[PDB]
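Position 1 is the first residue of the sequence; numbering continues from there. This entry, so its header tells us, was determined using X-ray crystallography, 2.7 Å. Just so you know, these numbers use all the heavy atoms, side chains as well, and skip hydrogens, waters and symmetry mates. Whatever order the structure lists ligands and atoms in, that order sets their numbers, starting from 1.
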Amino acid sequence: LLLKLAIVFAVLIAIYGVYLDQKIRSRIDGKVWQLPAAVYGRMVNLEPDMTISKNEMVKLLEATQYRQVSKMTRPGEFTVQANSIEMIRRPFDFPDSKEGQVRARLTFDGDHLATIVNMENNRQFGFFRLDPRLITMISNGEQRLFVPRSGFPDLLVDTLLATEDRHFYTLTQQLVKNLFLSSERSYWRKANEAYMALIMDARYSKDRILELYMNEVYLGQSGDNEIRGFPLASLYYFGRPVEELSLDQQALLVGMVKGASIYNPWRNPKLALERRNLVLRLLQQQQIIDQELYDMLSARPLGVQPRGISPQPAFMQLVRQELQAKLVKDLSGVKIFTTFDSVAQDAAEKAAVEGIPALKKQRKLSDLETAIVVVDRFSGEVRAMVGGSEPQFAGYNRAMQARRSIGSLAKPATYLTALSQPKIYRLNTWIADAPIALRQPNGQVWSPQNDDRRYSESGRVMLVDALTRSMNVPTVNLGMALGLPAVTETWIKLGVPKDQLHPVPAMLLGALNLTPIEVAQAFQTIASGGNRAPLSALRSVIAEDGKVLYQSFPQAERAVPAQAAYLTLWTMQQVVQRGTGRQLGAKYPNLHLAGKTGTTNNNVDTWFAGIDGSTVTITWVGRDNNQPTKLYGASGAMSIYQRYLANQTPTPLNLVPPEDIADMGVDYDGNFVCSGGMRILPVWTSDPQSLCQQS
Ligand SMILES: *C(=O)[C@@H](NC(=O)[C@H](N)c1ccccc1)[C@@H]1N[C@@H](C(=O)O)C(C)(C)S1
C-alpha cells in the first residue's frame, strides 16, 4: 500500500543520519575547536635560605591569584601565622614536571625563607615551584581554555545538571546547536538538533558530552572576542580556575548559560544577582545542598568581580614581537611562558597611576606621561613594562615606541670608557673644569656649561665627583680626550641600536635618542658587571602535545671589563648617596642603590636608571607634545622610582668587588698614600704599589 512511500522515507532519513554521524565524528575525532595561545607569567621556585620575607610572600601569593583564608579547604588558598605561611599550591602542568596539589608550610627567619615542608609527611623541600599567573590569551573571534573531565569539580557538574538536565538518555541537544548549527528559532533546526543529539549520546560517553559542553558554552564577551566555556569564564569573572570556584560563583556561571549577555554581572548586576539566587534554590529543592547554606550564599555577592579586556598591552607588544622573531599561528593549545613579574608590574603600574597626577597637581601640568622598564640585572629578562600613566587601557606604548633624548643618562658610558683603562683613568684622576669653546663645523662654537653655569675654584675635579655630580664640562673634557669612536664603541658593547649612534661632540651629553627599553639594555650591561644579556620577554613556548617549540638560553656576552663596570657602579652609588640622586639615597640608605639622573634641555625629558640587588629600572617622565615638564631627574622620574621601590621589597645592592679591586687612600691633592688618606677609593690594581710610585 503506502508502505512504498512510508518505509522509503524511513530509509531516506537513515542515510541522512549516516551523513550526520560522519559530520559529528570528523569534528570530535580530530580538532573540536582552535584554542588560543595561553600566556603565563614567570615561574618562581622557592628554596631554603632564600632572601624572601613572610609579607613579601603574601604579596607574591596574592599576585599569583591566591586567596588569604583562616581555614584551608581548596587549592589556590593560603593562611598566614606569626613566623610562617601554609598553602595549597594549585595543580599546574609545569614544563619541567607535571604537578598536582601540595600542602606546604613556608617557615621564615627574619628576611629569609627558613624551610618549605610537605604538610603530608613533614619533609623539607629542596626547591618548591610556584605556578605562573595567566596574563592573557592570543585570540574565529572566540577564546577558550581547555580543561578535561577530571578538572571540573563533581559539585559543579551537579550544579549544572540541577539547573539544566537529569541526564539518563536536553544537555546533549544544546551542545550540537552551538557546535554544528545556526542561531535560528526554526522547527527544522530543532528537528536537526534532536536528531543530532540522539546520534551524539550513542557514539560518545556521558563524560565526553560534559567535557565538550563545559568548554563550548558561551558565558561572556570581552569586546570583539567571545568568552566561552567554564574554565576561561572562571578566570575572566573572578580570577580563579574552574577547580577553585565557591558554590555561589559556581551557580552564577551555571546561570549565565541561558542568557550570558543579559545575566552578565558588569552591566545590570541586579538581574545577574536575581539569576544567581534563582539558581541556588534549584539546587536546594534537591537533597544535595542543606538549608543552612542558602541564606549566607544569597546575601554574599556572587561578584566579587576583579572588576573590569586587553591585559598588559605594553608587555604584550614585546611578547608578540619576540614570538615573530623567534618563530606558530597554525598550532592550537599553545602555552607561552614569559618572564613577567606580577609583583613588579603592580609596583610599577601603581607608581605610574598615583605618581603622574601627583606630579601634574604639584607642578600645575596640563598633561604628563611615563614609561617604566624593569629588567633582571643578570639575565636581562623583562620583569615589568608600563607604557603610560593609564596602563590598564593602552594603544601607544611609551616603553617601546617613545624615542627620547637620554640626557645625562649618557654620562656613565664616557666614564666607563675611561675606567676601562686602569693605567690611565682612575676615580682620583683630575679632569679640567674651566670654560670650553669647541669649534664644530661651519665655524660655529659649541660652549657646553655645567647646570649652575659655574666652574671649580681649582679649575679641576676628580673623575669620581664629575660623574657623581653629573658635571657637563668635565664629561666633555673626558670624552674628547678619550675620543668619540671609543665612547661610540662602549655604546655598541652596552647594547644600544647602532643606527642611533651619530658620533658628534654633543653625543657625550645626551644627543642619543633612545626608547626606555633600549636604555635598560645599556644599564643592564653595566649592572651585570659588564656582560650584555639581550633583553627577553620569552622563557619557553610549549605545544598541546608537550613539544618544546622554543626554549630560552643565556646569550650573555662580555662587553666591558668587570673592574670598569664595578667602578662605574660604585660611582653610581655615590650619585644616589651624595650626588644628584641624594634624595633617594636618604630615603633608602640600606639599599645602597646605584643610579643616574637625566634631565634634558628646557626640562623636556626626565630620566632615572635605578639599580638594586636584582633589577635594573629605567624610568622616563615627560610629555608627548615635547613641552617643558618643570621636573628634573630627581623630581620627576626618580620620584616614580621611589614610589615603585616603596610599593615592593627591593633587594639591597651588595656590590661584590671583582678581582684586582683594591680600596686605596687618597690625599686632598688626589695623590695615593701608603697609609691613611682623607679619601678611600676602589682602584683596579693587582699590586696596590701605585702609592710607592706616587710617594
Ligand atoms: C643631564 O640630564 C644633564 N642635564 C642638563 O645638562 C640639562 N641641560 C639641564 C637641565 C636643567 C638644568 C641644567 C641643565 C645634567 N644632569 C642633570 C640631572 O642629573 O638631572 C642635571 C640637571 C644635574 S645637569
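The largest share of close contacts with ligand 1 comes from the chain named in the PDB entry as Penicillin-binding protein 1B. The drug located at ligand 1 is named ampicillin (open form).
The UniProt active-site residue of chain A nearest to ampicillin (open form) (heavy atoms, to 1 Å) is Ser408, 1 Å. In the entry as deposited, the covalent bond from ampicillin (open form) ends at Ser408 OG. For ampicillin (open form), the residues with heavy atoms nearer than 4.0 Å are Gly407, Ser408, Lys411, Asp451, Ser470, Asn472, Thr580, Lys596, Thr597, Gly598, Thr599, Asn601, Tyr632, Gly633.
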